[PDB]
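Opening remarks: the structure here includes BTA9881.
Chain letters run A, B, ... following the sequence lines, proteins first, then strands; residues in each count from 1. Remember, it's 1-based here, ligands and their atoms both numbered in the order they're listed. All heavy atoms count here, side chains included; hydrogens, waters and symmetry mates do not.
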Amino acid sequence: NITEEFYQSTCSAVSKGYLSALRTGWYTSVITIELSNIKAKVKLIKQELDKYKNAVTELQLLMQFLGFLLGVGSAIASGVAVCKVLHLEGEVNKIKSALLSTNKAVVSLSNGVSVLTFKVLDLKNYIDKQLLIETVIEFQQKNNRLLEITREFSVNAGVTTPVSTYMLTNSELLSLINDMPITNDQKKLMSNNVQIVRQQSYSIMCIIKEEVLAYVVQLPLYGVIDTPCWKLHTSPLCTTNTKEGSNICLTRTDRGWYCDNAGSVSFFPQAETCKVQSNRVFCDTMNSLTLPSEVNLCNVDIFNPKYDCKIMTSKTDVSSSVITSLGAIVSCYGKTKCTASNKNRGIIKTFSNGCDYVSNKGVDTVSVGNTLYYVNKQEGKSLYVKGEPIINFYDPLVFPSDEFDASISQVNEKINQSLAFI
Amino acid sequence: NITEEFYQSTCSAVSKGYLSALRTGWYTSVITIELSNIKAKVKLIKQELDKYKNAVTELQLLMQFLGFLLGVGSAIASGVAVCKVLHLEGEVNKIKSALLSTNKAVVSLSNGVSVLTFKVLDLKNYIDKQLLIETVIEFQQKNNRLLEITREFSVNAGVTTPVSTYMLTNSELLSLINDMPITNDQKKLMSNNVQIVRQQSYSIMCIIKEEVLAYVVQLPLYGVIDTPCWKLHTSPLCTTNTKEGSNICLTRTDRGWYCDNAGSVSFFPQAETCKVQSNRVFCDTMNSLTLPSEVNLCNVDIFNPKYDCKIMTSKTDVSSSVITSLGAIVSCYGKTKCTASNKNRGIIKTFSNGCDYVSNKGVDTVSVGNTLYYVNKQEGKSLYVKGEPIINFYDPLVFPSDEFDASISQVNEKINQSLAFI
Amino acid sequence: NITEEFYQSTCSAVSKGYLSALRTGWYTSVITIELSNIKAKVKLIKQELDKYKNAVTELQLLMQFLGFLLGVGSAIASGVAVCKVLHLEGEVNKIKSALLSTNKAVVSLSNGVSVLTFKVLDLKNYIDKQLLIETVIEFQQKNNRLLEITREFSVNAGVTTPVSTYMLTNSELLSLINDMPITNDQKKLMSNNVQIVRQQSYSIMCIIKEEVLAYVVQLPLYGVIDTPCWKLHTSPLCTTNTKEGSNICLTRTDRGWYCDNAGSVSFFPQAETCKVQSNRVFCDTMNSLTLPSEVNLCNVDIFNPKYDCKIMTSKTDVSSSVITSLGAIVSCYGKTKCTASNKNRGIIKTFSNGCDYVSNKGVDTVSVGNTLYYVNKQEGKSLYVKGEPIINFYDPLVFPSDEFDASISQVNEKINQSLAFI
Ligand SMILES: O=C(c1cccnc1)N1CCN2C(=O)c3ccncc3[C@@]12c1ccc(Cl)cc1
């Protein structure tokens, strides 16, 4: 299921076996709260009603390495577009109308957007009936929900994420998912991962008008599902000569998540925009580059003539470890002490100067200098691919050593150039 | 009102029409909570009083591209300076004294700071009266506020932001703003944008002593208001030759917010330190550089002899889009599919290799590779300024291609140098 | 106690006098909540019981400059390893068993991990007794705690930090610390800084099975305590020639926290991974490099032959200030206005072009351009170390000016090279 290959020649490892779930688009729903325009166990409701009035008062005052290659989006542009529609005249009344005999209804907005509208709290109907037994309790439980939505919007300037359980309860989110217009695969994936959906959603406050509070919930559309994904971990590969500062180093800069998508590979350079759940990888295509699938060739052979593998160079031989999915890459240089230990037995391997790797089978921790790393202890097979470390192929006298946005061919050109002068 | 110019020659766009609101300084107020030193409907207050004692117990245990050019400040240095004063002897008693007959009072501290002090909760007076009818309810509502302030300080190590509605209610914040010593313009701007004020404020726990809990609220001073602001969006400008990796690229690195300020331009390289509300731009001068106004000349003519426009160079021709205020810049290179669509009609434009631009009029989404971008759908006019793309002016054989902290003149010097050798 | 030296020659300052508290490892405890499997003042408990059932329902659906040199760890790898054990059969029942006659017990898990288990809420025993007077109140207070833990896990995908006061109360955290297996020094340091401990902890949801909710709390182990620490502040050092863009600049890139640790120095390049409490510095060794102690020699003499001091170079002479522990470094260049003021007296010093420094004694604010900086007003002595600014030692005609990952020797080599050609 989950497997891993370490490449000794380029000091990198590839974890495969994952399945994708990529946010490719947004769904926008309009959540509504109908409000009231009002001015022994009684005095309980007295303050509960002052709380209500203030919440409305408060709401109305309110409504007055390679990541640099990414483009720049506007995350809530679609949601805010729907908000601007809800300010047109009659547009709020059109909604209030549709949600008259039911909580859930689909409405066609004037600019031609079909949206799932949803009345999750009907305070108006509640207040203008009872407040004009358990009815004290239920008012507090619904009022408290109103106060919390109010709290959230007024410390986040009307835009919140993840969408809290007060903005949209589980039972509400689940049925919203079900009433959505998506495939059965998408419905199940969202239903079985609602905490992730919550984290990739936005809650946007739109309007208070005509006794209605309206906010858009902006939900993720996963248009790519169950394609193969793999994570690339890289570490500095340096020479290990004796005289200090006479060493040269080289790191693959294309680390991150890689997912097959529509004939290409989606690449996510900041592997923190992606959230892994078991063997499923939730990513957002806004944080990706679209590369040719040939990019995968860089792991097998970094000198392949089909794709120009990206690297940076330096003279900075510092030690560090990279904790992978199924093991640990260790770059030990200079006088650093680098080890790996079993939980009960102690040190089992001492690393030499160079870049090496150890799997999580039998290993619980790795130490580099004064830094303790615990390794992920998930089941999976690791393969160690022996190979000559490519930094040995370069003459230090003509090596370009501050290249960052570089590649194999750019380094080869700089070398060929400075070598020709000689 | 909001307008936009795209510059085809340098692959950048400028959105203008915004008005500034820059945090230039801090106001520090001392919020107080008077506490009590104490050891049928009755048993309600019993646990409500145990909650109180613990909160106090708990509080006392508690009280035992170009962003790298920015300097480094200490955000709460002014607030903490006031805290250190409140530990001097008599200094707390001086406050307790002033707030004896009113909730709001201005006190002169011994080190010569005139501060707006504010007793927002008087538990002492409440407890040592009633707890020695609705009085169970009001105790819970004030106690709950105490527990929440306690919660916040003890997960944020005594420093919180944005300042929550428990630290300072709307009604309290509003009158605090009104009793403040600032201009009527500043008062209105803060009153009409209290959620933004909250986000730019700090809450700093100072002391528990002599039955008083004291925290400083650190509020923003907007010393620059209603000056013109404009946002600069830039994208990679590359050549589009057929043989891959034979292309050269160039990006303007001075993207961010620009605001006229006191004869100069304040420049905010990380356009996320700035929050836009309609056409108003809230920035913080701590995250800015002060540039000559001549920096604006880089948009009209990037080769102007008055200011040295900053760029970076590469060989990395990857596709990406930049979503602007009123449209979209698209950098399409290689085999990438780049389009723009109308919401109901589908693809309306297919982009060629190069850097191009489309406005948000008639356009709802832009696609680059596997990445869908929604465009901002705000009203405004866009102007497309036709011009020869400057990367065509360079000979690829003598082009410096890993420059990051570069500029037009630095690139010209490197070229002139390597050309002279030839 | 806290002291500071500014080095005029390299435009940097060192704040010393701090004591370390480094997170070197993790302790993992298993917090449990025993649940119930169930289907006048009465109707209070009715909804309180529906809340309970849902929380369980909801939980079960749920359970279906130099920072780039750092390695990459997996912060909760140890905690999650314990979670995977708690899914083995009998493993939950082994715990439920041990916590039968007490809230606190140490259990040996099957894979040989001795963990402090802790039953912080016994709803089962409570529900299956009473709910089959004040007992309405206590149920609400314990139920509310259950709902909040539920809230937190379901917006954070089961992993929370800082560990909230609902996950683990103060009284619980304190005794957990006391029952822990650590030194008396560690116990006192944690007890006296529980808000910091909270911030460096993780709460990981593990399992619902056999009427038990289990989450791991992952607590910090401070294996290095009371070693000397010092912070290095650096600023751009530029020449100040008249013709613009004819100037060369140089910045020490090794700014951050430095702490003596086990014969070496732990270096924290991102001085925000470290939290200072008075004169104590809480760091995490995962965000550090292990350097030779000789790295300290770079402050006294940057040209020392024992360690190769790291720098970057540019032509970008922009003004900025760096607020230190006890003063302010100012880099004033070009036409920028740079001053320092006393709180009541006004401007007291106007800075010249160059890099200069002023202490916090008599000084309250510093101004660079349109940017106001407040200085830290803590007691301590500053020493100004006069010295020739090293950028004057370089010939601008052969100066390498886009070096970022550079050093004194690398710059000297580039110079020696381009000078030999001449
Ligand atoms: O980060 C900096 C930098 C510079 C000055 C002051 N503070 C930081 N630099 C300059 C050169 N650089 C590296 O060698 C490097 C390595 C890993 N991440 C970022 C960088 C980078 C860089 C960043 C973006 C691009 Cl397009 C190109 C290079």
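By contact count, the main macromolecule holding BTA9881 here is known in the PDB entry as Fusion glycoprotein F0. Other chains making heavy-atom contacts shorter than 4.0 Å with BTA9881: A, B, C. With a non-hydrogen cut-off of 4.0 Å, the residues around BTA9881 amount to A:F68, A:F404, B:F68, B:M312, B:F404, C:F65, C:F68, C:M312, C:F404.
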